[PDB]
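Co-structure: salicylic acid and Uncharacterized HTH-type transcriptional regulator Rv2887.
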Amino acid sequence: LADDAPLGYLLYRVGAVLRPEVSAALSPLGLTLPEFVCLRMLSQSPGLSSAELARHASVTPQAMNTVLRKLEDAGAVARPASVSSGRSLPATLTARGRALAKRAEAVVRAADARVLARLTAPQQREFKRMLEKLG
Amino acid sequence: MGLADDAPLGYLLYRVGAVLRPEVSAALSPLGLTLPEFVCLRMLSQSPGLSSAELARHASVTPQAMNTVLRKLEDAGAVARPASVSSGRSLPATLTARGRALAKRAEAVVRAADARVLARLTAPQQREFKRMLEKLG
Ligand SMILES: O=C(O)c1ccccc1O
Ligand SMILES: O=C(O)c1ccccc1O
């Protein structure tokens with residue numbers, strides 16, 4: 001049928017507008033979108049599985065694991081001691097990574113503002129309320 | 001408070017998608033379709049011969065999985081790649097009559113599933129919301 005736009009398709013197109021602008025906004029900080037996903041979500045949920053991080057970042061779990069290894073090698077994500085056990089604590093942000101995540105969150109906030117700029121301010125607030133009500 | 005604190009737009013969009021996908025899949029199940037197969041059907045119904053990569057991106061799946069979906073729909077008589085009648089090439093993937101009828105039923109149930117996800121906004125909020133989605137995309 002020629003006149004079919006399902007909700008999932010509309011969401012995907014908003015995403016297709018959004019992801020390149022978020023990437024371009026993150027580029028001056030040396031970050032990709034999956035790295036920002038990893039940083040912020042790890043700042044909210046320590047040790048969150050690579051599978052869910054990959055699901056959120058629209059990447060394969062292998063690619064998200066490479067993201068994790070790079071952020072760990074760069075000193076942004078640490079798995080600390082856990083002096084009681086033989087295994088480490090859930091993956092967590094360092095001071096390096098938390099300052100990094102704060103700047104990335106500023107830049108991503110601005111990028112979302114530029115994507116939302118095709119609506120009026122009340123339309124933007126109402127649209128965000130609808131998104132929160134749907135999710 | 002919680003995970004939604006200072007939630008970026010991509011995270012909120014992902015949350016709506018996370019509500020929507022199980023309901024769409026459950027709605028598609030009685031027709032023998034998965035979500036990736038339906039995405040493939042609809043997109044092929046409007047754009048013949050679309051690369052497996054783009055179909056996979058739209059279905060949020062790997063290109064390998066989308067190639068399996070393609071074999072699946074072709075084996076089921078919904079998607080044909082017929083031989084070129086006088087060259088030797090293979091024609092772009094398009095829907096057959098059976099694939100078009102299949103897509104008509106699938107789009108009916110998917111529309112209903114979207115209605116159930118949208119039921120958490122009022123009807124005017126539904127119209128507003130979909131127009132806003134259209135302007136954002
Ligand atoms: O039609 C789509 O492209 C789609 C995508 C994701 C979820 C549900 C959908 O109908
Ligand atoms: O923060 C996210 O989870 C996100 C996901 C996709 C695109 C942009 C984003 O900020």
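Every chain is numbered from 1 and lettered A, B, ... according to where its sequence line falls, protein lines coming before strand lines. Just follow the structure's listing: the first ligand is 1, and inside any ligand the first atom is 1.
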Which other chains show a non-hydrogen atom at a distance under 4.0 Å from salicylic acid (ligand 2)?
-> A, B
Which nucleotides or residues of neighbouring chains are within 4.0 Å of salicylic acid (ligand 2) (non-hydrogen atoms)?
-> A:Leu33, A:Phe36, A:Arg40, A:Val108, B:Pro8, B:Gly10, B:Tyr11
Which UniProt domain of chain A gets most of the contacts from salicylic acid (ligand 2)?
-> HTH marR-type
How does salicylic acid (ligand 2) relate to the UniProt salicylate site of chain A: which of those residues have a heavy atom under 4.0 Å from it?
-> A:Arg40
Distance from atom 6 (C) of salicylic acid (ligand 2) to nearest protein heavy atom, with residue and atom = B:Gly10 CA, 3.9 Å
Please write down residue, atom name and distance for the protein heavy atom closest to atom 3 (O) of salicylic acid (ligand 2).
-> A:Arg40 NH2, 3.1 Å
Salicylic acid (ligand 2) atoms in contact with A:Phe36 (distance to a heavy atom under 4.0 Å) = 1 (O), 10 (O)
Element-labelled atoms of salicylic acid (ligand 2) that are located less than 4.0 Å from some non-hydrogen atom of B:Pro8 | 1 (O), 10 (O)
